[PDB]
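Looking at a structure with isoniazid today.
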Number of protein chains: 2
Amino acid sequence: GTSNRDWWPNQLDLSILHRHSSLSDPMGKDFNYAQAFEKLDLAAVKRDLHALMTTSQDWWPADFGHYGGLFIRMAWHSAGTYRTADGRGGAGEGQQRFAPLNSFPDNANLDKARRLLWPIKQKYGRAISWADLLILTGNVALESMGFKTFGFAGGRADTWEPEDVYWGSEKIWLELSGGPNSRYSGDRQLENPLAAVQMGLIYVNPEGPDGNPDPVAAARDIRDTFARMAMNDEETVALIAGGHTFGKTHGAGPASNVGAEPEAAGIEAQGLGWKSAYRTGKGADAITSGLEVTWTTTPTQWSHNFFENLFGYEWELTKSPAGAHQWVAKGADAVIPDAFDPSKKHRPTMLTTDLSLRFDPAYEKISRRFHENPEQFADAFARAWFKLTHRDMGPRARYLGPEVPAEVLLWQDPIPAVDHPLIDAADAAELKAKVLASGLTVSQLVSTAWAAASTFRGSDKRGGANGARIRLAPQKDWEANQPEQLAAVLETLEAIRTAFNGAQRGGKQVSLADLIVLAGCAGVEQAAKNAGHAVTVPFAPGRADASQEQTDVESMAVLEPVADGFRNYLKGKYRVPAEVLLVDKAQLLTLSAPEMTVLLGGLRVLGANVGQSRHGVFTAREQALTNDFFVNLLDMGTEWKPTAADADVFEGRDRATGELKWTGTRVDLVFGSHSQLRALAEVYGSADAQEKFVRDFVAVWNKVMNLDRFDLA
Amino acid sequence: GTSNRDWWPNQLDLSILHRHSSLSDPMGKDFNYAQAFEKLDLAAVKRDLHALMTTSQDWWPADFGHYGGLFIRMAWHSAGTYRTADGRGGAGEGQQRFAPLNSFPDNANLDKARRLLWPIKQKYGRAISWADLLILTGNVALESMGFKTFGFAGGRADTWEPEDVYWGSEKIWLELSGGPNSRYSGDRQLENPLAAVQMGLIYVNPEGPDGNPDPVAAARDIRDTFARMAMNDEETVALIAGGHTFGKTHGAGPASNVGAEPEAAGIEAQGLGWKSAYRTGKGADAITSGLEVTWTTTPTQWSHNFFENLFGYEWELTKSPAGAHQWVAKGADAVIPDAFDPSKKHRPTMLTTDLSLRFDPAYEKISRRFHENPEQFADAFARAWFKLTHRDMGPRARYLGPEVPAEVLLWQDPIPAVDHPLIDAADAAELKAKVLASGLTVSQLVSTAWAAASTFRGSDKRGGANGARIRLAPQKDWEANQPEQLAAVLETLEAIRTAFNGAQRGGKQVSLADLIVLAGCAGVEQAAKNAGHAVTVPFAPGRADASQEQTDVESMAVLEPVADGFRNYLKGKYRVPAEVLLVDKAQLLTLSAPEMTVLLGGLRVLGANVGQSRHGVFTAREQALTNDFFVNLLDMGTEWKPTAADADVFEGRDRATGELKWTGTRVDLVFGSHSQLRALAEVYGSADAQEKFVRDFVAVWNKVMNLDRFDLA
Ligand code: HEM
Ligand code: HEM
Ligand SMILES: NNC(=O)c1ccncc1
Ligand SMILES: [Cl-]
Ligand SMILES: [Cl-]
Ligand code: NA
Ligand code: NA
């Protein structure tokens, strides 16, 4: 079946924008998961999960009679695909149950873990999502084994198809670095947005970098990958030592005994994979990673035995029954229990990556403190396990149920509570009028509000205009935000805000976060009026202003737009074509192709470009909201050519006269090139489309203004 | 960017069911194209098109000063991708403007034709679709050149993305037969569902079969491809000779001068392709097919000159300036005008495929009759041009505007007008009660109504329950329809109908078509009641009964379900896996993944399987409407294995006891295998889903019952 992808491999793919349609969703269009979950009897679900932990099924017998370690690993894998660079991956959509993650090598036998959970999923139905269930199950495993967790929030709605995530360019599972699609260059520099060392791994290779069992060098990979999953040294030590307090790895026999991953298995496997020909294929004979390590003397109970062993023995390199490198404490007594045979005992063992916690000098200091003070270890682990499993859930207003922690954490980009009456429709009209009377232009109002709102990304639900973080470090100095123009706009808006608030009774006041958005709305209103149309742009108050001290500057760095086609902005020269970056940004803002098209065409004529560029400003009435972008783009009287100076910039010349009419970028002209985008541009470029363009613009503008407004959900 | 496709090429792709979502569509969810078109001033559009004909643009100068031949070819390419095997392709969705058809080699320079039409599209906007516009423009070209058409209907709504059509497996454009992905086997047998000889062609190669200039062998390709586009010999001769009464071919220079097709061109080409380095690259220097043939002495006027030339000369094989095989008239004078130079004249020329009309013995008789009786030629061509350009539009009720021909044609599968009062809700209750009192079972009622309704396909809008064609040849004899059981159900329904009709006043009567569907509804009602649910199934009256003489038996053959997963039916052993055929069927029935899932699971427990097979009947209460299919399918206490006798049949055994619990086919078990389908099955197999399953079932059942009900649009 020869496809468009086969014929035109470098044509833009828009299907990423049309995933998650109502058509693939089996739940009614009005189904609200938050309301279902809020009525779940969470305590009853947790009791059933508690019981499950020790109810072994013969098709996948529980190690030591307890599935707790398997489920912790399952819930760490669920969360562990997260990358800070784009916010993609993580636990928040239950993507572990779909391709390709369900079949990543690192997720081997998590298909069994998920299947164990079906009777509980089935019992509670739509009141608990798979996504929430995987995480809750990990918490319950922890709790059943004597570990007090930090809390749990529901609200991760299920999804119904694979996300399209860029996992890397390798064509071979687990390919070692330095291949033709190497994800490394330079001095072991991992390409953004990746956060793992090989295709099909969660973070690092447990044997060591490309299989070399050097704990020192492995620690560098750990540090780099975990940092790209938003974890610092302290959290990383706490997470790895915490998790490896439980359970065991599986490598009872040679790896070549293991069959097809789930997406390649026969239909009879019924969604399961990695069927093994080694002895019984399961339990005592299980093969999962090929390693055979059990870390502690009580693999079903919380302890501080991981660090007691790590520091209390000297380690020697050895091989599992599958031939993988691992470490044994040879001077030791056989104090580790066997998973199935009460009359066998084993010496303590470790992975190369476990020894990293001791032989990296910075990790060693933390691991020693944790060893000496296991109560500090427990607290750091609980906090980190909460952060790991909740990092992609977005603002605190999405957290549901009775176990949400009250403590506000800095990583959550917190927004203060509103404790005063909000502005009403009449107040909003007064403020818009005052904004327009101050002299701020359509261009400044639209640019500023776009800058504040468009940091939002739906991947991890970070960013957006709530908080007024555009006035704080680092957003106020981002190049895309035009720091000097921004500072002048904000200074004027702040004076309007102070005057309005100082004149109120009854405690009523407006936040700067709200006023920035409302000022953008005035700007769009004025632009429509400049074109002869009276429109009201909807506006929802209730944003609040976060302080600098409530804003982690370093974690905010990943939200900087280095490409924003909606402002014709590219921070430097990238290997990825600019139109590809445009579609990527549109996906992160949750826009369909039509929404992207209308939004860009309007922004262009409103003066939202960075630096006042003329590129794509195909209008003689800038700051009027018209469909000029599309009418002039599609005009066959204009002929386009790449410039000599820059092949990514184009001149549009009158085809008869040679006269220079416009210039544009690849982001501009793709709307007149790509056959699906041009079809869209034609709608908005048609003679009956002026009203539709204005209405659809205003609707998409409003959608972007409200992206982070889960307080109104 | 390594994808799921790359990793698992034999994992079922469901995205074909979720195309044409509201997300990719720029028009509102309420936009109704029929209503927009009904207000278009069609006369004014036609005036503008007449003016266009001779308004030459410098970027693609009009041959002979008239774009008429270019536009006829454009409109015959639009319609010419149609295949009767699945109803896919054709003009009815305006797919020529998207990939891959916009870049098929056979559509070279039709990108210019469509660009000439942009000013008119733009002027009238949403009130005329591109899809309608391409065909209208062809009609107007014909009329401008002195040929009176048979009529025109609007109502082809635009689409907004590529359809996923199987065009063949070749990975090289135009690949000749016998390659690794050959579309031919045996004695030049073209694989279904294909209706062209090479990848990127409309029907046949104009040089001859695989480029061999044998007009006799070409005629065999012509006959076979045109038959697979629903045209007989008479229509085929009329169409080819009719079209080649106008215009010319383009091959002024070597084909190596021609650059990238539109989907491969640079962004600056703004959606156009095949830019040529030969001289001016256009007009007198145009290169399109590589052939250089002008058929008649008046290429811009209707004439009888095609047949005069074809019979009046003897032909000699020669080469165009591009090197293609073509034919020139022996000894003739230079009587053909040049397209640009009034002082140049040319000898009559022909394609190998034109000579087929003379040297194939059956075509020769028709061509001679057309030569001797030009009025029969003109009438046959008008009729065939109307059929070509409307064959995929569906029932007459979809035909809009003031030029619809009143004459009813056999190919339209016509349905008689209803000329009597319809049954009301009280009559429907009475009839359902009589149906249930007759002794017909849930299984018989559901199977019969499924059989009648599910012949519909949305690709060309043929089939469905309107007409009661299930009682006529050939449907009554189709194996999937269980001819003997069917005859007994119809016999009982026919008696109920006659008794009801005989007791009425005022001329009220019920059609057998309606009663079949109503009886299916009663069956579903009874099944819900067997499971303790009180369900009323919607029913819309108004179908009529078509006669045998209104039902072309041969044209009806392509609607025979040779695979119907909804009845666990496969007529023979196919190279395409059965689950792939299931998704294909779902696509033709216009169902989403959720709808397909719910529908199949219900039909299984209602007894809709062909031959009473137990396969997939995972219930101990057959003929009760429950979600048993899903609950049993997902039960991990059962293990599945392919049978020894047949690898496509599976046994599900109790994992503890080894006892046989069920059997199932690939179609059954794919729901427990594929990770997206299993996610859907889990919703319906959950403890809170019994009522949701019943309601969703009824909704999809009713959707299938109404698929052809364009009289209710
Ligand atoms: C450097 C990071 C890490 C690496 C390289 C790593 C590696 C592995 C490997 C190879 C296995 C064995 C899989 C098998 O053969 O069954 C495993 C098991 C496990 N890991 Fe990790 N791990 C990492 C971090 C984590 C974290 C952060 C957690 C949780 C907080 C976690 C919890 C576990 C648990 C509970 C198991 C036991 C599975 C069972 O009992 O079946 N690990 N780990
Ligand atoms: C056996 C079937 C056919 C073959 C192999 C065929 C082949 C071709 C080829 C190769 C061209 C030249 C393209 C170019 O170089 O610009 C052409 C032109 C054309 N054909 Fe056909 N054709 C077929 C049937 C039809 C039919 C059914 C129609 C209309 C009813 C049609 C109408 C036209 C017209 C009007 C042109 C002239 C285009 C112009 O003036 O630019 N043809 N044909
Ligand atoms: N490829 N096109 C089709 O199969 C189709 C189009 C519209 N409705 C149903 C099927
Ligand atoms: Cl994702
Ligand atoms: Cl199609
Ligand atoms: Na994410
Ligand atoms: Na079709």
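Chain letters run alphabetically, one per sequence line, in listed order. Note that chain A is numbered according to the PDB entry, with residues 36-748 shown in order. To match the PDB entry, the residue numbers of chain B are left as they are there, and the shown ones run 36-748. No hydrogens, no waters, no symmetry mates; every other heavy atom, side chains included, goes into these values. Read the numbers this way: they start at 1 and go in the same order the structure lists the ligands and their atoms. For this deposited structure, the header notes the method as X-ray crystallography, 2.0 Å.
Across the structure, isoniazid can be traced to ligand 3. Contacts with isoniazid (ligand 3) are greatest for the chain named in UniProt as Catalase-peroxidase. At a heavy-atom cut-off of 4.0 Å, other chains contacting isoniazid (ligand 3): B. For isoniazid (ligand 3), the heavy-atom contacts closer than 4.0 Å come from B:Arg123, B:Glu128, B:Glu198, B:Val200, B:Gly493, B:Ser494, B:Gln622, B:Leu623, B:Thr625.
It turns out that the other ligands and ions under 4.0 Å from isoniazid (ligand 3) are ligand 5 (chloride ion). Among all protein heavy atoms, the one lying closest to atom 7 (C) of isoniazid (ligand 3) is B:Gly493 O, 3.5 Å.
Among all UniProt-designated active-site residues of chain B, the one at the smallest non-hydrogen distance from isoniazid (ligand 3), rounded to 1 Å, is B:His112, 14 Å. Of the protein's heavy atoms, B:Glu128 OE2, 3.2 Å lies nearest to atom 6 (C) of isoniazid (ligand 3). Applying the 4.0 Å criterion to heavy atoms of B:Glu198 picks out, from isoniazid (ligand 3), the atoms 1 (N), 2 (N), 6 (C). Considering only non-hydrogen protein atoms, atom 4 (O) of isoniazid (ligand 3) sits nearest to B:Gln622 OE1, 2.4 Å. Any N or O atom pair closer than 3.5 Å counts here, and B:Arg123 shares at least one such pair with isoniazid (ligand 3).
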